[PDB]
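The model below depicts Fibroblast growth factor receptor 1 holding tasurgratinib.
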Amino acid sequence: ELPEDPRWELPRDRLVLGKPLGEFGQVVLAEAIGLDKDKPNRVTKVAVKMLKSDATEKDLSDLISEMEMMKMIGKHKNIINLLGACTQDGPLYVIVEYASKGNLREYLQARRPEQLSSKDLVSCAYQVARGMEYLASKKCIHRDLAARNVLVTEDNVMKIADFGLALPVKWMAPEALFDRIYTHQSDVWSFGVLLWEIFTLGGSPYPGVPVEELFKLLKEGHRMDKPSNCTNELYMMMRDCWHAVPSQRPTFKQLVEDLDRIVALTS
Ligand SMILES: CNC(=O)n1ccc2cc(Oc3ccnc(NC(=O)c4ccc(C5CCN(CCO)CC5)cc4)c3)c(OCCOC)cc21
Ligand SMILES: [Cl-]
């Protein structure tokens with residue numbers, strides 16, 4: 001039996017569950033009635049994460065921990081924000097903001113040659129940087145930053161997902177891969193691969209490279225090549241994110257500052 005929290009508790013009769021959206025815990029589309037108490041007759045489209053039918057006691061503990069983490073972090077434009085929850089007299093439902101256009105990898109893959117400009121791709125990169133600047137300032141390490149874990153809203157807002165949970169190897173920094181040392185600097189390495197994903201329109205990184213070979217290539221100092229539709233300045237930003245010593249990588253503050261200047265100058 002879970003403790004009630006009046007700040008976040010939505011009644012179950014205010015939540016109409018819809019189609020399944022995604023299958024590490026089950027997610028469904030839903031409609032919430034009267035979230036903003038200013039307008040109690042308004043319907044809001046929401047994503048509702050829950051446990052699977054064959055879920056353990058440890059899975060419940062993780063999903064509770066995930067909910068409590070999201071309360072502490074607070075609201076930002078470029079993250080999947082908590083909107084409410086159903087904890088009492090039924091299954092745990094963690095209600096969050098709905099992102100109608102899916103994850104960023106599929107969004108880009110679908111829109112390969114409506115078309116997206118150069119300015120749209122750098123804007124997309126800036127919003128992911130701005131959202132990670134926030135999560136870093138709230139002391140939250142992602143551990144798994146990628147285009148699959150960025151969602152896209154109806155109004156083209158990039159929202160970071162699956163942040164701070166208690167193949168992925170191609171996004172991990174060497175220190176994270178070898179020693180399991182996850183830091184804010186290892187999330188920058190992962191952001192570098194996320195840039196490479198954006199400017200390849202959802203490309204698969206290190207293609208035809210097995211797991212055993214990828215350990216050696218990074219140790220020896222090999223990196224991914226420049227994309228075709230991509231400037232030199234933006235590739236230097238990728239290469240700086242992929243610096244071997246973690247202290248020498250840029251911060252998300254610097255990346256936000258650099259990307260803000262680039263979006264302004266791009267057409
Ligand atoms: C730290 N904890 C958290 O961050 N989280 C807590 C709860 C939680 C819930 C999450 O699920 C959500 C949230 C918001 N939106 C979604 N959207 C979709 O799945 C979606 C996917 C694909 C389509 C496509 C449908 C078909 N057409 C085709 C053209 O018409 C193209 C769009 C449309 C929609 C899922 C989540 O996202 C990551 C995992 O997703 C399974 C992170 C979460
Ligand atoms: Cl609420």
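Numbers for residues simply follow the sequence, beginning at 1. As the structure lists them, so they are numbered: ligands from 1, and atoms in each ligand from 1.
To find every copy of tasurgratinib, look at ligand 1. Measured against 4.0 Å, no other ligands or ions are close to tasurgratinib.
Shortest heavy-atom distance from tasurgratinib to a UniProt active-site residue of chain A, with the residue named, rounded to 1 Å: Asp144, 10 Å. Residues of chain A near tasurgratinib cluster mainly in the UniProt domain Protein kinase. In this deposit, the organism assigned to chain A is Homo sapiens.
By chain and number, the binding site of tasurgratinib (heavy atoms under 4.0 Å) reads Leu21, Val27, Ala47, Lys49, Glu66, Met70, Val96, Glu97, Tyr98, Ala99, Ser100, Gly102, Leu151, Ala161, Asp162, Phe163.
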